[PDB]
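Entry below: contains progesterone.
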Amino acid sequence: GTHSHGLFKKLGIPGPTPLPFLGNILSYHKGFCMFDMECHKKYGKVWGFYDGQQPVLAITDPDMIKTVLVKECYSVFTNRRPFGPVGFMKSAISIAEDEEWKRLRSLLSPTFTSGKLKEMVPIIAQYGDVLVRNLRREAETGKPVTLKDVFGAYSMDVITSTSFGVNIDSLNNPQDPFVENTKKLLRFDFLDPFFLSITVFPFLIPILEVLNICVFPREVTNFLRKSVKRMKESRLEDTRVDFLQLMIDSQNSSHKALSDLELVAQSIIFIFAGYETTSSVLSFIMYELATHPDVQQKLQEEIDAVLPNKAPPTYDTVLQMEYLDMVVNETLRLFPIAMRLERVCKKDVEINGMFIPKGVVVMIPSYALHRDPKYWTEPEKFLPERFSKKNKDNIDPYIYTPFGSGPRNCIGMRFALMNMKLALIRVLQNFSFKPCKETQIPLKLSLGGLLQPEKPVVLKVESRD
Ligand code: HEM
Ligand SMILES: CC(=O)[C@H]1CC[C@H]2[C@@H]3CCC4=CC(=O)CC[C@]4(C)[C@H]3CC[C@]12C
């Protein structure tokens with residue numbers, strides 16, 4: 001019948017012996033991260049395992065990784081692992097493949113330049129202020145703050161705004177249908193029963209498509225696909241520096257420009273990529289700043305220096321802040337929320353020594369590499385100075401990859417970084433953050449399939465009066 005599980009040893013690559021049907025998925029009770037590091041402790045440079053009958057080949061040599069992500073990104077390693085029933089979200093850039101992906105990447109790239117980003121800063125800066133007013137109250141309240149709630153609220157405020165021009169306080173408007181629906185767009189947990197099932201029975205994905213059962217909830221994609229050219233139509237033609245307009249502007253004068261539907265797919269996929277990723281990283285950073293008041297006041301002092309008497313951050317004053325950037329990247333080292341980068345091997349190739357067969361998912365265990373002893377001194381420590389100017393080129397760009405690498409890295413990187421930084425500055429420009437003993441110390445990751453804390457982060461918030 002199926003004859004998948006013989007592949008790696010038959011070519012000479014080590015790995016945990018698979019079970020019939022299951023492959024190695026029982027080994028996921030630990031979680032992706034724990035599983036990945038333990039594999040690297042025991043098989044070294046390269047190993048192989050099976051998500052069901054699907055061969056996954058892990059790699060950890062930096063120029064082999066450069067090779068996959070950059071080298072023949074186009075010729076061989078262009079797409080990611082198909083993962084569940086996707087419906088029309090087939091057209092979203094992150095999900096699209098080969099030429100359609102290359103088309104969308106090119107069509108969507110100009111929208112993410114540093115230029116258009118400088119023009120989005122005032123919009124998103126505004127919701128820094130909104131966050132502060134919303135944080136004042138729960139600080140002064142007395143009681144601890146659940147960070148993913150006040151950052152979830154910020155991330156959304158900033159998403160609706162730069163995506164559709166929609167200007168709302170998500171926190172204080174929880175039924176605004178436009179807020180209500182978009183919270184359901186959380187990140188996928190590939191260790192969920194559903195997805196695990198899908199992994200074992202991939203021959204059930206086409207079954208779900210028929211039934212229109214979809215990993216993006218029907219009701220949520222229905223409401224935004226509706227909102228979009230409710231608004232792409234003449235609320236627009238009254239005549240917005242945002243994502244939607246830039247995509248509209250590129251339907252209006254190379255290869256065939258953005259479809260109407262393909263545009264909505266993008267709008268949606270942007271939300272999905274940017275909402276819970278941003279809010280998560282922000283929680284992780286605020287956790288670190290709380291449990292290292294060493295870093296927190298040093299940063300607060302950098303912020304006041306660049307921005308005296310609560311001066312409002314600009315594009316340039318942000319890029320200026322070197323210790324802030326140090327804080328941001330060190331937290332992404334410890335908590336790379338993608339965990340893994342993956343590419344599907346389109347053809348038989350041999351990359352710096354070893355032959356990869358067509359069909360193998362080539363995987364880069366980012367979480368593991370970020371906590372590797374060979375490239376990192378004291379990997380478990382929160383130590384921003386590893387990213388100090390100098391001391392930071394020892395650092396291989398192919399070992400440290402919180403946003404991936406090559407032509408298919410995170411399109412939203414400069415934005416995500418800018419967005420997070422504008423939050424941090426205004427929040428630190430007004431408050432301090434300290435442990436309560438509801439605060440889990442030390443902090444544990446979920447054993448699940450999302451990089452997120454065991455229990456949500458709660459902290460004491462004080463005004464700098
Ligand atoms: C802290 C925030 C974020 C992190 C850490 C992050 C991380 C990542 C990673 C690791 C990848 C995979 C890249 C690869 O496989 O090499 C990715 C892809 C992607 N990200 Fe981000 N992301 C963040 C925020 C955002 C934002 C704000 C947006 C959009 C506004 C975004 C849009 C995308 C898209 C569209 C892709 C797929 C790109 C493609 O298929 O060509 N992400 N992200
Ligand atoms: C947590 C998560 O990743 C979400 C994304 C897709 C979601 C699934 C989508 C399909 C689905 C339909 C149902 O009627 C029950 C819930 C399930 C089985 C969902 C369970 C939770 C999932 C797996």
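The residues of the chain are indexed from 1 along the displayed sequence. According to its header, the structure was obtained by X-ray crystallography, 2.5 Å. Atoms within each ligand, like the ligands themselves, are counted from 1 in listed order.
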Okay, which bits of the structure are progesterone? ligand 2
Looking at contacts alone, what is the main macromolecule next to progesterone, by its name in the PDB entry? cytochrome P450 3A4
Closest protein heavy atom to atom 17 (C) of progesterone, given as residue, atom name and distance to 0.1 Å: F194 CD1, 4.7 Å
Under 4.0 Å from atom 15 (C) of progesterone, is there at least one protein heavy atom? no
Just let me know how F195 lines up against progesterone, side chain, backbone, both or neither, with a heavy-atom cut-off below 4.0 Å. side chain
Could you check which of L196, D192, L450 puts a non-hydrogen atom nearest to atom 1 (C) of progesterone? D192
Please say whether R187 places an N or O atom under 3.5 Å from an N or O atom belonging to progesterone. no
Taking atom 7 (C) of progesterone as the reference point, report whether a protein heavy atom occurs under 4.0 Å from it. no
So, for atom 11 (C) of progesterone, does the protein have a heavy atom nearer than 4.0 Å? no
Looking at the entry, what source organism goes with chain A? Homo sapiens
Of the side chain and backbone of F188, name the one, both, or neither that has a heavy atom under 4.0 Å from an atom of progesterone. both
Is at least one protein non-hydrogen atom found at under 4.0 angstrom from atom 3 (O) of progesterone? yes
Counting only distances below 4.0 Å, which other ligands and ions neighbour progesterone? none
Of the protein's non-hydrogen atoms, which lies at the shortest distance from atom 9 (C) of progesterone, and what is that distance? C214 O, 4.1 Å
Could you pull out the residues near progesterone at 4.0 Å? Heavy atoms only, by chain and number. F188, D189, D192, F194, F195, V215
